[PDB]
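Structural view - lamivudine triphosphate in its complex with DNA polymerase beta.
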Amino acid sequence: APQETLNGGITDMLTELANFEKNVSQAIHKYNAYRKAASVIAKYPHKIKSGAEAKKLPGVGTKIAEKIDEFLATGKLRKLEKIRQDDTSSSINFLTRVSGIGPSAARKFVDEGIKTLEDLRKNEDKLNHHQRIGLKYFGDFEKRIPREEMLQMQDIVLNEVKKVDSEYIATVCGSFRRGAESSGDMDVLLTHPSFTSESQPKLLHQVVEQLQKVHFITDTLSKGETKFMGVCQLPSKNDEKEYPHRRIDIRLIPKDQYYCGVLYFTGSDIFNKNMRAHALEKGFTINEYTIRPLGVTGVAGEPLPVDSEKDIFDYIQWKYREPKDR
DNA sequence: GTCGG
DNA sequence: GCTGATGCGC
DNA sequence: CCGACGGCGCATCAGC
Ligand SMILES: Nc1ccn([C@@H]2CS[C@H](COP(=O)(O)OP(=O)(O)OP(=O)(O)O)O2)c(=O)n1
Ligand SMILES: [Ca+2]
Ligand code: NA
Ligand code: NA
Ligand code: NA
Ligand code: NA
């Protein structure tokens, strides 16, 4: 990708604007608008000289163009400069860095005078369980996970899963599966022969239990029959520095919808929107669970059989790409 | 905010 | 007690 | 002008 010093000040402007829309203004769509604008501009292989130059790019409209002009002329953006010094909105934007605190909780806390982590720390009674864990691991959750540690984590997951029941299948997806050199967290996909569309008990629970029993999983954000979100930690040696606590999700999926899942939660997700927009073009409908053919109304028929990842490149006649190229 | 019926 | 809406992460 | 913009599981709130 192009270097930061081409339009980095712009791309950071747009991203900061993105966050205020999301966290303070509660305008999710303007947030994606700004993020879209920031993406296309980060992938632009040229140093932008005017707002009109930017506006040819798809996702950049009149208002972002004129923002780019003011920033190119002056180095800053008046509106952003203002929002940054604003105690209320500043804090609201900040508190959402806590996992479990979204725009609404954040606003509600700042209302009551709870503005900082110290204030949250002082008021444990007003946070839910997810929120206490997000606060407890605030720094660890912003740290990235080098591949070396994700491979040690992968080892522990595969070993313990196979130990519970040899017939479980577990693939680790996300950035890690696309060969990424670091990762934000660990997404694991799980199936079992005795779990399909028509359907045996506790398949997700026994796995989560074994990973607690050997102290890999240290806390639970949420858990149901289908999905687990929690916290985990690699053990360190005697006298060795403690490893940060890390986020791990585990999704239990039916056998037959498993490879559509693999694909979806592999991402990248900007390849995915690309892939189904092009699967609709060639007359197929894809989502996270299945591929189905449209009868051009378009009337999706039954979901088609899928036993590998590659099948969903056969149906679309798209030339296969493995995860690294995504 | 931006795109497109 | 229950169902449905909303917040959240993603 | 003006609606679409990702959709889904789980925790927890609102309401009956
Ligand atoms: N709008 C979207 C959003 C996500 N997706 C899917 C589901 S999750 C997968 C991307 O996974 P993550 O959000 O964990 O991100 P990454 O896999 O890149 O790793 P980290 O960022 O390191 O954590 O893409 C999609 O098809 N469309
Ligand atoms: Ca991930
Ligand atoms: Na944000
Ligand atoms: Na444009
Ligand atoms: Na948050
Ligand atoms: Na994710």
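Chain letters run A, B, ... following the sequence lines, proteins first, then strands; residues in each count from 1. Each ligand, and each atom within it, is numbered from 1 in the order the structure gives. Recorded method for this deposit: X-ray crystallography, 2.3 Å.
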Got a sec? Need all the ligands or chains for lamivudine triphosphate.
ligand 1
Which other polymer chains sit within a heavy-atom distance below 4.0 Å of lamivudine triphosphate?
A, C, D
What is the residue list for the binding site of lamivudine triphosphate, using non-hydrogen contacts under 4.0 Å?
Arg144(A), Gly174(A), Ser175(A), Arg178(A), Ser183(A), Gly184(A), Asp185(A), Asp187(A), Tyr264(A), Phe265(A), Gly267(A), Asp269(A), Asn272(A), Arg276(A), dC10(C), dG6(D)
Are there other ligands or ions under 4.0 Å from lamivudine triphosphate, and if so, which?
ligand 2 (calcium ion), ligand 6 (sodium ion)
Protein heavy atom under 4.0 angstrom of atom 27 (N) of lamivudine triphosphate, is there one?
yes
Is there any N or O on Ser183(A) that sits under 3.5 Å from an N or O of lamivudine triphosphate?
no
Just wondering, how does the entry name DNA chain D?
16- MER template
Can you find an N or O of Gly184(A) that's nearer than 3.5 Å to an N or O of lamivudine triphosphate?
yes
Among the UniProt-annotated dTTP-binding residues of chain A, which come within 4.0 Å of lamivudine triphosphate by any heavy atom?
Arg144(A), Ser175(A), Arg178(A), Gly184(A), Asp185(A)
Are any of the N/O atoms on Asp187(A), whether in the backbone or the side chain, positioned under 3.5 angstrom from an N/O atom of lamivudine triphosphate?
yes
Can you confirm whether some protein heavy atom lies under 4.0 Å from atom 15 (O) of lamivudine triphosphate, or whether none does?
no
